[PDB]
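Shown next, in structure tokens, is the structure this report addresses.
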Amino acid sequence: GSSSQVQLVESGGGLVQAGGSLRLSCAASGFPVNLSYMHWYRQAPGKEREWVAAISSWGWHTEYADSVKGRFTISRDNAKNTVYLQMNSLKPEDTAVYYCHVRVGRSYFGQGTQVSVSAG
Amino acid sequence: XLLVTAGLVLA
Amino acid sequence: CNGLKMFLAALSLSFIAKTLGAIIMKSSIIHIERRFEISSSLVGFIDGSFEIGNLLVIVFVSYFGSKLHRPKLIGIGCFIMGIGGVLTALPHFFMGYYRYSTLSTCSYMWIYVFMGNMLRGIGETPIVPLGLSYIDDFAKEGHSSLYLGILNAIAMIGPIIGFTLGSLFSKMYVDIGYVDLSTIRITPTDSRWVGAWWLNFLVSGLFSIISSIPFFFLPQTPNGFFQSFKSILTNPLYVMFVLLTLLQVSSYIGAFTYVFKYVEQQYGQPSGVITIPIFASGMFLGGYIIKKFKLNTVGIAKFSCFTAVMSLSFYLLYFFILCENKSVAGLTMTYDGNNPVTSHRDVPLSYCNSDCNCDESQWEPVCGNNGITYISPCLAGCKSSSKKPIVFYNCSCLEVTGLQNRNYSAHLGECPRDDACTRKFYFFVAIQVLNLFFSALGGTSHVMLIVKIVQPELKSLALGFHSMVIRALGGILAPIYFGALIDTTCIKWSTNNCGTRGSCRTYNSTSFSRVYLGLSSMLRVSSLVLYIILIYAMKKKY
């Protein structure tokens, strides 16, 4: 792996209405992120980084938050090398920006787009 | 030395 | 330096590395257990992985390594130890952030660590037989026991560095260098704290790599398995000495594992500035007695037997310095303060604490002004309590002849005994210092005799098989059977939240003293009998 650092880019952010569904993805470029746990945090306006999801090296062990449990889903894709975040049965408390995190050696964070939801 | 184990290969 | 002293410098550095690796393994186990969220059986399997990986390959490397380039294989093994030390700290580097979140009135990353322990087992394989054979085959006659005393003295530097770096690296957070330290809400006294366990294994791994550096720059000379194993095993003096040193080392291991619990039950003190230089001076003094006096083979054997006689002669004086039985209500006598009990199993309740509806299995020791310890403040009759000072007011389970002041003013914890057996505790630690000094004068003779008993072509195989018996049946099963014969004398069993095997809180101190001194004393007496048989048959042979 002849690379400088790990670039994290995420996709699938946008506007949702009521208790709908959404599908986020985060692909990593650079060093191989296959051995690394890959995390998904949440930044609300006016609060710090709330932890939401985590996925293992092979996706064997899944960690979920106690506030969002049973409705979120995180998975891997080793050939595409992209983590997947299914998000169903929405609430208005999830109006935030969602961040992608990997730790190949040093901590790395993503850009993140708005995962703002509507109230209905 | 202290300790537990022994040996005496250590301590 | 004539080149061979460079090998002694490299072997001292490798002994410092392996002692450091053992102290870092025994020190940072609770941080690994809290961080990886694994159970007690899983973390015990991690802790026993090192003994599995050492014991699987010790006899094959100690046989096949003696014919080959010995310090190159010691450097390869120390490099394998460094690779395992880096690999143990490697699960910190890619799992992300660590996440952590009584008045008494009347998840699969650990296999990395497992493989690192197996690699560190290989890292403790080739050092102790092969290079010691390289000491005996190439140093001058009589100088080898002085070198053994020197390297066993320098190998005590490693636990000091291990204690200092373990305490210093357990002081700060596990994620130092990644987070802001002002955001941490927890203390090192908090139950959710995880210290920097990875820094311990990183210093251990890199110091093992630097100890693997100078072995490749040393020359080879300064100037079947089954038939050889049969020739080792059918030697009667060797297998008698191995069973002898197994009994003596098993007595040492079952002694010093539970000395501090014996202090906590018998002499009442909770649990080494002077002790480690005493042990280092004992090893160097024993090496200087073997070097200076020009002792032969049976002379070294009688010197080890004389140190065993001297150590047992002070070891048998532990029986006469016993303190009295502690006074506890509900375990050694009834709650009312009048009548003893026949047994501690399912004691009846008294009239004073019948109204007190607390848990009888709950353990929180208190004592009154009468010197009788109570197992809980609810069963002591104390109904109100104050705060930084400790006071339990209006206790009703202390029956006297109408004294008004003798109904309150009780603190928590086990309050200490009389001043008559504090001096006996000082006598106990002085005689323990003398016994450990005579065990250090025993010391290098156990290693030094083996290379003179067996054939000169099979010294490393004899050292490997002796390491198998000493590390296997002494290092593992002997804490199990001393644990069984010590925990058979528990008096208050703790009801755990999960199931059985809870740590019992207090003991029956005379019975636990009798069994703990008796099993180790009978083991040392049978070992001394096997010395007397060994001296008689060994003078018959020589």
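The chain called A is the first sequence line; B is the second; the pattern continues. Here chain A follows the PDB entry, giving residues 1-120 in order. Chain B is numbered as in the PDB entry, which gives 1-11 for the residues shown. Chain C is numbered as in the PDB entry; the shown residues are, in order, 24-124, 138-142, 168-284, 324-371, 379-493, 496-651. Heavy atoms only: backbone and side chains are in, while hydrogens, waters and symmetry mates are out. Quick rule - modified residues become their parent or X, and added atoms are off the books for contacts.
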Under the nomenclature of UniProt, which macromolecule has the greatest contact count with chain B? Solute carrier organic anion transporter family member 1B1
Which of cyclosporin A, vasopressin, dusquetide, bivalirudin is the molecule at chain B? cyclosporin A
Mind listing the other chains that have a heavy atom within less than 4.5 Å of cyclosporin A (chain B)? C
Which of the transmembrane segments that UniProt lists for chain C, numbered from the N terminus, come under 4.5 Å from cyclosporin A (chain B) by at least one heavy atom? 1, 5, 7, 8, 10, 11
Which nucleotides or residues of neighbouring chains are within 4.5 Å of cyclosporin A (chain B) (non-hydrogen atoms)? C:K41, C:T42, C:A45, C:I46, C:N213, C:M217, C:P220, C:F224, C:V349, C:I353, C:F356, C:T357, C:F360, C:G379, C:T382, C:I383, C:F386, C:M390, C:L545, C:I579
Residues of cyclosporin A (chain B) with heavy atoms under 4.5 Å from chain C: B:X1, B:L2, B:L3, B:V4, B:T5, B:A6, B:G7, B:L8, B:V9, B:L10, B:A11
